[PDB]
S.K.: 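Take this structure first; my questions come after.
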Amino acid sequence: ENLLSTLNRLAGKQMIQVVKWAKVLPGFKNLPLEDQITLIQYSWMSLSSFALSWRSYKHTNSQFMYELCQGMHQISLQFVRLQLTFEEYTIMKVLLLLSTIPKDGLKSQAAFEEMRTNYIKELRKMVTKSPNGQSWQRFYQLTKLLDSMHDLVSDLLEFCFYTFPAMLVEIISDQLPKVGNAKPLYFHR
Amino acid sequence: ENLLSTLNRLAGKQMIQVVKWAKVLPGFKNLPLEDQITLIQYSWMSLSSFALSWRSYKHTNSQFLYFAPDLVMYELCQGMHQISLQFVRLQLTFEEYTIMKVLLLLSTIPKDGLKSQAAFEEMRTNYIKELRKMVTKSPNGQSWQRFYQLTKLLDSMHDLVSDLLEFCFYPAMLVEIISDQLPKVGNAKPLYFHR
Ligand SMILES: Cc1c(C(=O)Nc2ccc(S(C)(=O)=O)cc2)cn(CCO)c1-c1ccccc1C(F)(F)F
Ligand SMILES: Cc1c(C(=O)Nc2ccc(S(C)(=O)=O)cc2)cn(CCO)c1-c1ccccc1C(F)(F)F
């Protein structure tokens, strides 16, 4: 009984710490607030898998739902193969945040597409400086890894839409709403 | 101890029922979501005063401030009771209430301006026009007169609550119901670098 509760409570501790991180990313809180929410929601499983596999690779050197956990452990091993930088994690994290959208599209697809492109360019630039042994190779791998991140979580998004709150919506809109200062509008001066 | 708790809990019951009402108003949920929130926030005391004074005039014919059927500070309540009496003077229609309510919702903004001042200014204008049209059909006893009164009444509604906005300032509930229908949660399209 106790196990599945704690992971849904750690999931919650982090989902609030993701918001705080995303809200410094350039041009995020400059998106529509509808979209901020949608983009964090849709990404979350891609985002978590990466983050978990990362802390595997960093903390216990890729040592520590076994159908489903096996994937993450497998990626954390890939991280050692690539000797992934932090830079490459934080960028690839952002990219995952922007890799899952609704088929409908977002409020401002135009704004979103610039942001994603902006970041995809950061990666491009960032691997004409940290490859191994040319740049184009490093790019092919980091990209294909981000893709396989979707495949890992491919069939487990419906199975989340169950577990998928009033918590985060508080912290996202928190800083953006702009609450003495009030200007009332009169019909006669 | 018990009194001031219940009014802050009736305030909360209504704050959620305002959201649901606003979200059918034409061109509201078409505003920025930042603005929906700001507009409901800033208006709330203008909005409540009108609504309370209205249920006075409708339910008990302007005798007691009918806070609810579950309930049939006097510096401040005196104002509302005073307005509810004005309502009888004008024999205010429901139409005139619901429109004037919307106008109050769009009558208080931050001096900074909203995310989409342009969008907001069209909305307000749109509704100010509804009034204008709506009192070239329900006056008494010419149209221009009825406008002067309903407008000056919406103004006095700001004066009534003039100094009590700080005292309100100085939640996670409504933010849930506003964004509720607007965010658009199987359907997911993941974006691949290689097909
Ligand atoms: C533990 C967990 C987490 C989690 O911790 N995620 C996380 C995301 C980002 C970061 S970051 C970028 O480094 O801040 C850190 C952590 C998300 N979920 C899914 C909940 O809907 C679960 C969960 C719940 C129930 C069963 C199974 C699992 C699990 F996903 F673990 F398999
Ligand atoms: C009761 C109340 C209400 C209230 O019920 N408002 C309301 C708004 C719209 C509608 S509608 C359009 O018809 O749905 C109905 C009702 C708002 N506040 C202010 C709270 O910040 C209080 C309150 C709390 C504490 C002390 C004093 C008061 C009071 F305002 F009453 F003086």
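The chain called A is the first sequence line; B is the second; the pattern continues. Throughout, chain A uses the PDB entry numbering, with the displayed residues spanning 763-826, 845-912, 915-946, 957-971, 974-983 in order. Residues 763-834, 845-912, 915-944, 957-971, 974-983, in that order, are what chain B shows, numbered as in the PDB entry. Below, each value reflects all heavy atoms present in this structure, side chains not excepted, and no hydrogens, waters or symmetry copies. Looks like X-ray crystallography, 3.0 Å, at least that's what the header says. Read the numbers this way: they start at 1 and go in the same order the structure lists the ligands and their atoms.
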S.K.: Which one of esaxerenone, belvarafenib, lofentanil is the drug located at ligand 1?
M.R.: esaxerenone
S.K.: Trying to figure out what esaxerenone (ligand 1) is stuck to here - the chain with the largest number of contacts. What's it called in UniProt?
M.R.: Mineralocorticoid receptor
S.K.: Could you check which other chains have heavy atoms less than 4.0 Å from esaxerenone (ligand 1)?
M.R.: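 Heavy atoms from other chains: A.
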S.K.: Provide the UniProt domain of chain A home to most residues in contact with esaxerenone (ligand 1).
M.R.: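 For esaxerenone (ligand 1), the UniProt domain is NR LBD.
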S.K.: Can you list the UniProt aldosterone-binding residues of chain A with a heavy atom under 4.0 Å from esaxerenone (ligand 1)?
M.R.: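 The UniProt aldosterone-binding residues passing the heavy-atom test: A/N770, A/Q776, A/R817.
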S.K.: State which organism the entry records for chain A.
M.R.: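 According to the entry, Homo sapiens.
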S.K.: In chain A, which residues that UniProt lists for progesterone binding have any heavy atom less than 4.0 Å from esaxerenone (ligand 1)?
M.R.: A/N770, A/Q776, A/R817
S.K.: I need the residues around esaxerenone (ligand 1) for a figure - heavy-atom cut-off 4.0 Å, please.
M.R.: A/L769, A/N770, A/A773, A/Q776, A/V780, A/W806, A/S810, A/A813, A/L814, A/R817, A/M845, A/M852, A/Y869, A/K873
